[PDB]
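Summary heading: complex between R-zopiclone and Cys-loop ligand-gated ion channel.
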Amino acid sequence: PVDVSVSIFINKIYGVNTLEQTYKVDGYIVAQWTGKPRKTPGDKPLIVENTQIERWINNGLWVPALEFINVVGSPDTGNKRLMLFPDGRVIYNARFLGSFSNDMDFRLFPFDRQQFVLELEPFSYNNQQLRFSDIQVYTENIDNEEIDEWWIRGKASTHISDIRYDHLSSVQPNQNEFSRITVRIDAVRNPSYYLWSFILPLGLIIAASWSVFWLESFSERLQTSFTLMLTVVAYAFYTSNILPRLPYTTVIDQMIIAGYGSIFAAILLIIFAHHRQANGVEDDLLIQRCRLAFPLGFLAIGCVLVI
Amino acid sequence: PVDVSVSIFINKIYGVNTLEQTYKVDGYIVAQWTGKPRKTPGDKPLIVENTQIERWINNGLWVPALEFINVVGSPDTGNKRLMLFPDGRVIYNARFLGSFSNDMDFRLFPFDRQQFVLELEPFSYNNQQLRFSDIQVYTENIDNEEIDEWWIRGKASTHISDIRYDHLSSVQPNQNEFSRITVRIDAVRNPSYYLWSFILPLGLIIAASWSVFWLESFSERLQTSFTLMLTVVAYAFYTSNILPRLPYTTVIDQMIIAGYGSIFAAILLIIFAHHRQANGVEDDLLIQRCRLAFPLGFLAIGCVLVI
Amino acid sequence: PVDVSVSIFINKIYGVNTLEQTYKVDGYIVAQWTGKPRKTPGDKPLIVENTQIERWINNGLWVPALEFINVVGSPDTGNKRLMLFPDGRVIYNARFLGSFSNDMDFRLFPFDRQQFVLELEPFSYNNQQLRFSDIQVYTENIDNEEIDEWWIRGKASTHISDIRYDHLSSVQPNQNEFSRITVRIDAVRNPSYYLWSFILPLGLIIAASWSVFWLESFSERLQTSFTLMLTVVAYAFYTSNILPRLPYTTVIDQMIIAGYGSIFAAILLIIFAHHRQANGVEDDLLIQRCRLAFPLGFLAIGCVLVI
Amino acid sequence: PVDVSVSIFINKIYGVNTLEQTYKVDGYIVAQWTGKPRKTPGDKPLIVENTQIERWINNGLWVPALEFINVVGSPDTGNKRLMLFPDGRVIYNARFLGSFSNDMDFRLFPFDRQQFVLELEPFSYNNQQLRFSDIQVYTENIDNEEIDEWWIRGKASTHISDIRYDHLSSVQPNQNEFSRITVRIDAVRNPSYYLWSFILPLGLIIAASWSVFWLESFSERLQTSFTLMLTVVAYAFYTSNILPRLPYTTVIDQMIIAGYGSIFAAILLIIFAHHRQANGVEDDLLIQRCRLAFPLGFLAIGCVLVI
Amino acid sequence: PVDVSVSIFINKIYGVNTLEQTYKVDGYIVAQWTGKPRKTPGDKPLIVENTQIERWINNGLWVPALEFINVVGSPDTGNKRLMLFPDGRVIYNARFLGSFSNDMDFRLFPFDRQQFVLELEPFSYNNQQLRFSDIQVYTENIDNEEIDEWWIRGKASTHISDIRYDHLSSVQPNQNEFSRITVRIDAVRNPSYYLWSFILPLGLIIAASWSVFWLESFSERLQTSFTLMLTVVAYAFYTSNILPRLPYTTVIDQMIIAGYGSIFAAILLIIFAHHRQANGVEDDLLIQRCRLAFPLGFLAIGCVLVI
Ligand SMILES: CN1CCN(C(=O)O[C@@H]2c3nccnc3C(=O)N2c2ccc(Cl)cn2)CC1
Ligand SMILES: CN1CCN(C(=O)O[C@@H]2c3nccnc3C(=O)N2c2ccc(Cl)cn2)CC1
Ligand SMILES: CN1CCN(C(=O)O[C@@H]2c3nccnc3C(=O)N2c2ccc(Cl)cn2)CC1
Ligand SMILES: CN1CCN(C(=O)O[C@@H]2c3nccnc3C(=O)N2c2ccc(Cl)cn2)CC1
Ligand SMILES: CN1CCN(C(=O)O[C@@H]2c3nccnc3C(=O)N2c2ccc(Cl)cn2)CC1
């Protein structure tokens, strides 16, 4: 059972696709194992780049194909390198840019916590043939957190395991466990942009909605919530067109639903204030003055949606 | 007639193109058929990965090309593996990402039922040369329905059948039936996002539209439905910029039309109210008070569109 | 002069690009021609799939390149197959997906009739070297038009001709006419979406524009016409974002220009009615009541557009 | 010094990318030169299609690589052809699709004059080794300009010149001038769509803005200018979503700023009119009756854009 | 320790992706080194183009792969050229187009200062095997600055350095410093388009907002502030849709925030003016006439955000 020791060097994690639950990783794989000793020129290690690697594989060099289990599509492999040592050991070094897949929950956007994952697994060789000895992951990142969209928490957490593959086994009974390296990088979204540019003005819109009650006439009170309604639509349009695509409501979506709610609720009280009377124009002196009543009724219903 | 056994492993079904009637399928194919026995190194099955498979083919390994009938474009093939057993049998295993085509009706969106389909068929060998012995499909999915756009329902239908290509047959008469594997995976759309952020406020807009009759003045009444019209336009827009491209009207698309209708029907009633008179300002006390007439008249005419 | 029988089987015609004048065709080419008899294994027809065709060609197999004349870029090719019969004859079968070029008039959108074309031609052999014996095209489609964007009308037109490249001929004089196959598929656009979701409400906006004249005051008449204008801009905006980009105006675009007009004409009359007076508010006592005059005056200006 | 004759046949010029200063050119390249006499099968010219050309190159056939100096990326090449004549001469024919770069000024859009340029040059051979003997360009386009976005004007300009790369020469001193073919194709934009759907309504918006002065009251005069303001924004938007992305203002863009200006200037005058007084309500019966004054001040700013 | 002399020729720097922090570079690499003397045809340096380069490599030509350290994905390579001299020296020449990554701060857009960076380093060989003797960069760009998006300021930066990978060294101890060429080009953004088309009209929007205090009534003062609010939303939208996407606010983003605030402060002062009284309509003679107060109060807070 060949021991393969791995090092992944992560260069940039970028381009998160909310819809596809996808993110881009550029970096390097280094894979090392020990073969039977060789005679290299001089005595110095033999270097074999790109094209020539296939030539060595033809003359019988075992260079096992390691699949990125959760890569969507197949990665752009940059340069490849075989490092063949005379003491026997073999190093395969190559650059890759890949699009990777992971479960991503975006429901509390723009306050999501996500985690970026890599899954390596030898493509054709079982655990009894090729085994992952160890893995080091190097996230050569740090600093400039507010210039980048995401805050990396940890240093990269790792777990090597055995996967079975209990569908038709049968082919090779007793031996259908593959060893799998699983690298996880934890991360937090830097919400500033979304707070100041989406959350804040959506609030000023929402708040200023409640100023509909400081209007004197019923005609004023009502004709204005129609403009005010048109505003939340202008906003939802502005919001939706800019924000990441998801198949669900995020927190910001709910804020917008709440805007439609306060305003539609406003419409109802306002019409109600007017026509519920003991004459015709008996506008409920206190209900018309719910100018404080439901702004804080919104903030109570607001603090409960937080739970 | 070579018996070929297939097993398809479905990893991710994503990216439905509504206009193109398209979806993405990531997975693995395993194909097995049995040959004349080989003398393999050691005695354990021989592994041939990617490039070396072509090398084996140039030397006469029969690897029959299995075509994805309904793949739009030609799939992204990942690692390929030939697994050659001494008892003769041959296993072809490769990872694939493909764009598949199937008839998709999205009329009752966002509540569509869809079925993601795969059709396998040997590219050059007929039922009398190469035959599909059996096929199993494994969708090793589970959990997180409320996170995903699509909810898979069954375990996946399978069907092997025989296709008669009766166009110039003639070339090889009597032997022009190809055997076809058909996988069908049932699905339902996640209607939550479309309900809460589209259906709901669209209703509040349509509903608030009716509050125009609670206005005292005629000029207020009329000038108002023009802001109100401007609303359903800004809203139809927000919908169409965000919702999926189609060549037909969905349930939402209709709501928008009924939206335009209520307002335009209103405008007419309002002018009628005013100008159908025996003086100038004889507003039909009852017709100006059709505040209940067409709000509940909209629910009957609205629900008849459901039949 | 080698006789080539061609047969194209059309699977999907999708993805029309209105600015670039483009469409996608997925299907298969089958080309048949006859060589000197071969000694094939058994005596049965010899099959050569993908990778191997190029190999036979290094050993002198003439497999002439047939070019897609009006293809944009170079086609996505699926599986290749040579079918080599012992009596001499040779059949080439391949799958393709290509983006094709053709003149397309979209002036009468959403009611265009279009025709999707394939133009095949030998890439290197003239009419005296390679000639198209015949060509048949099978678009084994039918049914479900109300699901697809386009409705195919005919069964496909065919045309074999001779193309005379008379630019420097000279090199090989008297012999530079290549034989060309031309396929034609007629189609009609499915106007349903555009009828209900563009034409109808745009008609309602314009119609409701005319309701400006039932407004009592001048202040009312002119201000409401500003909202009216903004609704046509909001509509102008919703139209252009969803509708296909063209370098010319369609029918829907004109309805829009007509909209801005009916509204701008009213602005002018409305100011006129009021300021053309013998006192100050002498709205030409009758002209303000052109409530019927220019709506049907619009429909006549509308039918002058039948020309 | 090898004499090479070139002929380019342009099939389609399309897809102008304003931002990147790029356009697509599809066509064929033909190059002819005279080698040492050969013995071809029969004695008529030998044809070598695609794959097979490298094979001929591997055996010492000089097929010199001619680079498209201004191509963005590397061209999509379709079928390749070698034509080997017994008298020595060699013909290289290939189809290409390329994105080419040239300086493009889009300021006076939608009436720009652009020129599509192709630049050809041997990649590895200097003027003393390989020289462009002559070149002719064929624009086999014609008819129906009214359906196409761009109108090709001339019959294509041609220039063979010598480029002196005087950077370290040194390597090969006295000999580092490359021969360069320059093709120029002038064209004009189809101004129809933009005149009718941008300029005409952009104008009617700006014009109707001026009706603010026929409003009687000060509220009306001031408040409407705000609604009037929102319209130039909504119009600014539609303009921006549809029109080409540039790093500078176009004519229309300036038209839009002028819309914003006329309205902001009106805001001031309207306020000035009201408050420049000898009472409170000394509304300049005249400055409020600059109803003719500043529409022609706009026609003046309009004619100043020409100076 | 092989001396490699490098020269980069920059053709075009374009296509900057703000979210990915990406930009496109088209140009040429020249690499020169001296090997052991060769026997070339004639005595003139031998030319080996594209395809034939690998053929020389398979015969043992050392052609070391130079990695673009900071490239995103792997470059589109055009023509390659090997120039093999009799005296030993070898020149590698290739055109390339790549997307490169560099840290980009876009906080004070549109008044950005950026620097476009290229990083070269041998993929497999350290400082002791392969060393960069010198490098010159030629950016033969100039002029028409007001036509191109970015104004290249300095000439070109050059820095050869030694990178110490101190990760498992071990494998090759004492020798794991690679020599790195770093090219820096400074550039400044052309702020014209965003000034004249964004900054300016945004300013006129904000300013014309303050005129709400010149309105006589409270309803005039309040209701208009809502149309004023919807106008900022409209502008936010138009801005957002056109401007480059980033994860943080730029200057324009703040202007919009300031716009939202100014309107909300107005909603407040205005309601307050009205209800802070000793009667009911005692509109504070100074606070109603904060017509100068907070137009200038915005200018100090506007001037303090700059400092
Ligand atoms: C990464 N590597 C290991 C797994 N492979 C694989 O084994 O494929 C399928 C697979 N994919 C998903 C889930 N289960 C299975 C399974 O049981 N397979 C299988 C089963 C038998 C044989 Cl001979 C080959 N493959 C592809 C290459
Ligand atoms: C998957 N497969 C079966 C179909 N092949 C082929 O049959 O293509 C066509 C095809 N496509 C669609 C409908 N009918 C036909 C037909 O009659 N064909 C055909 C073409 C050539 C020959 Cl020799 C025999 N048959 C190619 C490979
Ligand atoms: C199908 N086809 C590809 C184009 N080929 C070719 O003929 O190239 C050009 C071409 N393209 C478009 C229009 N006319 C011509 C012409 O007259 N050509 C030409 C010019 C010289 C020689 Cl030797 C051969 N052909 C020939 C066969
Ligand atoms: C078509 N083409 C191929 C590449 N060639 C080349 O000359 O590239 C560079 C280049 N590109 C742009 C501007 N100047 C130069 C220069 O002086 N070069 C150069 C550098 C070294 C050597 Cl040996 C030869 N040429 C020139 C002709
Ligand atoms: C340009 N070139 C040199 C080095 N390569 C390389 O060094 O890969 C990794 C790498 N990438 C990023 C950061 N550090 C390292 C490291 O220490 N590696 C490594 C791992 C094993 C061996 Cl033998 C040599 N080097 C990449 C290609």
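Residue numbering restarts at 1 for every chain, and letters A, B, ... go by the order of the sequence lines. Whatever order the structure lists ligands and atoms in, that order sets their numbers, starting from 1. Values reported hereafter were calculated over all heavy atoms of this structure, with side chains retained and with hydrogens, waters and symmetry mates removed.
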*What are the identifiers of all copies of R-zopiclone in this structure?*
ligands 1, 2, 3, 4 and 5
*Name every other chain with any non-hydrogen atom less than 4.0 Å from R-zopiclone (ligand 3).*
C, D
*Enumerate the UniProt transmembrane segments of chain D, N terminus first, having a heavy atom under 4.0 Å from R-zopiclone (ligand 3).*
none
*List the residues forming the binding site of R-zopiclone (ligand 3), heavy atoms under 4.0 Å.*
C:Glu67, C:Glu121, C:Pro122, C:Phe123, C:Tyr165, C:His167, C:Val171, C:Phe178, D:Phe9, D:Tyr28, D:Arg81, D:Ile91, D:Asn93, D:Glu140
